[PDB]
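The following structure holds balovaptan.
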Amino acid sequence: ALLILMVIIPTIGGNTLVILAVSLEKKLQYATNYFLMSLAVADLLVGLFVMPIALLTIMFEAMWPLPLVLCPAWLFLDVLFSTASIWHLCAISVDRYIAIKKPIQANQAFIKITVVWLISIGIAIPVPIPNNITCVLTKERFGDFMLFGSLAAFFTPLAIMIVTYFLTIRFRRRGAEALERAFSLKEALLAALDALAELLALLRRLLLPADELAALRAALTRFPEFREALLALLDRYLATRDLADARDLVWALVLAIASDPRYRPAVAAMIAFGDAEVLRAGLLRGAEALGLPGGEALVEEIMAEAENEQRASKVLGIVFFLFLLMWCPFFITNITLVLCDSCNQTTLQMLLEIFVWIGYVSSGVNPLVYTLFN
Ligand SMILES: CN1Cc2cc(Cl)ccc2-n2c(nnc2[C@H]2CC[C@@H](Oc3ccccn3)CC2)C1
């Protein structure tokens, strides 16, 4: 009977590998990777404080053979660790959404980790509040908890998590499409790129502006990296009366925007979704139009950065999908036995025993996803 005894080691090993890699290599200390280390330590703590004695309870026939002092402490630890594990993914999703949506100050982590850990602690507080002790957390004494704690641990995070998770993808998709149409060789490119990015409307104004030319020149001077190449391209486009001149002007402007460290993460995220070939062709056309002899080494850097954003999204989606596939049955049945009229208690309690053990296996699979997708 070594089936579950051995599984403990992969969980702890994968969690401690994530603990060490983020704090040692220094090549992977991105903003989200700090949340990954908190999730890793949370899943490492369940390896030594949840799995061993819970599986030892099997030999005791659901009885507590240890000192009775720590039993409420153990239940508190279990609830705290599950809540932290879910809320860390929730925090990752909401952080990604808020960073992509409003990168003005994000571009220019311990506090967020403390916030989520304190929230989980304040979620798990009520648990401390002849015959022998039997820690099974009976539905009678812990009645309101089985509903409220389950709602606050699974349903409350899963609502926002799903939305925030997609909210980020939405922005990428918005750009992807807008950018593909901008590289499709009509003045519909700007009308969509304006909403995709959020100066952009000034380009559609050009396709004209008698007094907005000063503002346009000021905006062009607002990008020092492109310097006066953008201004020269704008003057040429004004002289050449749009046609292909406006096309290479907007291509150069998009390349310069992707060059700015303010919009670079968002634009790389949008590029992550899409054919990734038409976008490269358009960016290369912009680089050629912009002069900029080092342009190729920059557009290739942009495309390399875009792949990174994409890679992350994939590794994240999988983890989330697993979380949803594995934890959901347990929390679904944990509400069924609270509200019933003829449901046999044994028939629902048998499935809860396997379902609670199923949810904890997700601790040892998140590092596996990273290792496989690295
Ligand atoms: C005998 N034991 C089975 C059990 C085994 C293992 Cl290995 C872990 C936990 C339990 N076990 C028991 N009773 N409870 C639990 C926990 C703790 C409460 C949790 O409920 C939650 C969890 C998070 C948020 C809200 N409620 C269900 C899992 C009875």
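Residue numbers start at 1 and run along the sequence shown. Start at 1 and go down the list; that is how both ligands and their atoms are numbered.
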Open item on the list: Hmm, which bits of this model belong to balovaptan?
Closed with: ligand 1
Task: Chief binding partner for balovaptan (ligand 1) by contacts (from UniProt) - done: 5-hydroxytryptamine receptor 2B
Task: TM segments of chain A by UniProt number, heavy atom under 4.0 Å of balovaptan (ligand 1) - done: 2, 3, 5, 6, 7
